[PDB]
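Drug bound: deoxycorticosterone. Macromolecule: Ancestral Corticiod Receptor.
Throughout, a chain's letter reflects where its sequence line sits, starting with A, and its residues are numbered from 1. Just so it is clear, the values below take in all heavy atoms, side chains as well, and ignore hydrogens, waters and symmetry mates. Just so you know, ligand 1 is whichever comes first in the structure, and atom 1 is the first atom listed for that ligand.
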Amino acid sequence: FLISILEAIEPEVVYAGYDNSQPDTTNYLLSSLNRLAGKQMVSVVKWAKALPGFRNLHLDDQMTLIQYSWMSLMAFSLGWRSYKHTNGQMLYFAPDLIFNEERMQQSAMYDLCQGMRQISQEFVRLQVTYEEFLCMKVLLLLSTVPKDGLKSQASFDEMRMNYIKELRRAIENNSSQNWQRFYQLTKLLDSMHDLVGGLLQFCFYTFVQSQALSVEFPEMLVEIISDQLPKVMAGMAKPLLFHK
Amino acid sequence: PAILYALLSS
Ligand SMILES: C[C@]12CC[C@H]3[C@@H](CCC4=CC(=O)CC[C@@]43C)[C@@H]1CC[C@@H]2C(=O)CO
């Protein structure tokens, strides 16, 4: 019933608190997304703590893991929402902030938007199930680690394997077909890294010139990014891939 | 990440 749990701790929908009466300038669009991100951050943290096995890890690791994977978690959840609500035609950031063709253009990050829409499309092509999605999401939280290692390395390794097995369980069907499914689903997981690399590059770029660009970031994000940025630029993080 | 740490340890 490990999934029964994943299903119960799955965060409730988060609204952007977006004001459509405002002009959709690049500044307002990005600042609004950053606000949504701050609100989603709170939800991912509360979700992580309720994750069977996450609390067994050292606090330092818990901090490090969320710090390195928050962008991937949110982009992936965005992929799912866009899949269930628009069959992947639009980015369902939040019920009150749906990105259509127009907002993608005025956002100044059209390409990153398409990259994110591509994840949504994969969900469509593969008809990913809700259970597969929940398991994959957890794996994401456990796929970007410090090159030097975690403090609860052993506790970490066990947890990761358990969720990988949980994914297999979600995956009736014959053995070969289940193998092919696993291969394809883990290919999707590995693809997140390139997408995230690009998402993070723009995030760091807008973060550095925040005031000069008039792109706002909520306090919680400012602290996370401020600490994370140098670590990423220093190549301190590495992905845990499923494929060559 | 002050706000985050405080949120994770409670
Ligand atoms: C960080 C970001 C705004 C926030 C989003 C992120 C892309 C992924 C994402 C998905 C969500 O469901 C919440 C918003 C968000 C976290 C964007 C990547 C570039 C953009 C900016 O850099 C704006 O300054």
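Within the structure, the other chains placing a heavy atom under 4.0 Å from deoxycorticosterone (ligand 1) are, by letter, A. Contact atoms of deoxycorticosterone (ligand 1) toward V215(A): 24 (O) (distance under 4.0 Å to a heavy atom of the residue). With ligand atoms numbered from 1 in the order given, deoxycorticosterone (ligand 1) contributes 11 (C), 12 (O), 13 (C) to contacts under 4.0 Å with heavy atoms of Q40(A).
For atom 14 (C) of deoxycorticosterone (ligand 1), the closest non-hydrogen atom of the protein is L33(A) O, 3.9 Å. The ligand atoms of deoxycorticosterone (ligand 1) that sit less than 4.0 angstrom from a heavy atom of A37(A) are 16 (C). Nearest to atom 7 (C) of deoxycorticosterone (ligand 1) among the protein's heavy atoms is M116(A) SD, 3.7 Å. Scanning all protein heavy atoms for the shortest distance to atom 1 (C) of deoxycorticosterone (ligand 1) gives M71(A) CE, 3.7 Å. Taking all heavy atoms of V14(A), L199(A), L73(A), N34(A) into account, the minimum distance to atom 2 (C) of deoxycorticosterone (ligand 1) is reached by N34(A). Within the 4.0 Å heavy-atom shell around deoxycorticosterone (ligand 1) one finds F217(A). Listed by number with element, the atoms of deoxycorticosterone (ligand 1) under 4.0 angstrom from any heavy atom of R81(A) are 12 (O).
Heavy-atom contacts of deoxycorticosterone (ligand 1) within 4.0 Å involve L30(A), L33(A), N34(A), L36(A), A37(A), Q40(A), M71(A), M74(A), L78(A), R81(A), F93(A), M109(A), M116(A), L199(A), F202(A), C203(A), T206(A), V215(A), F217(A).
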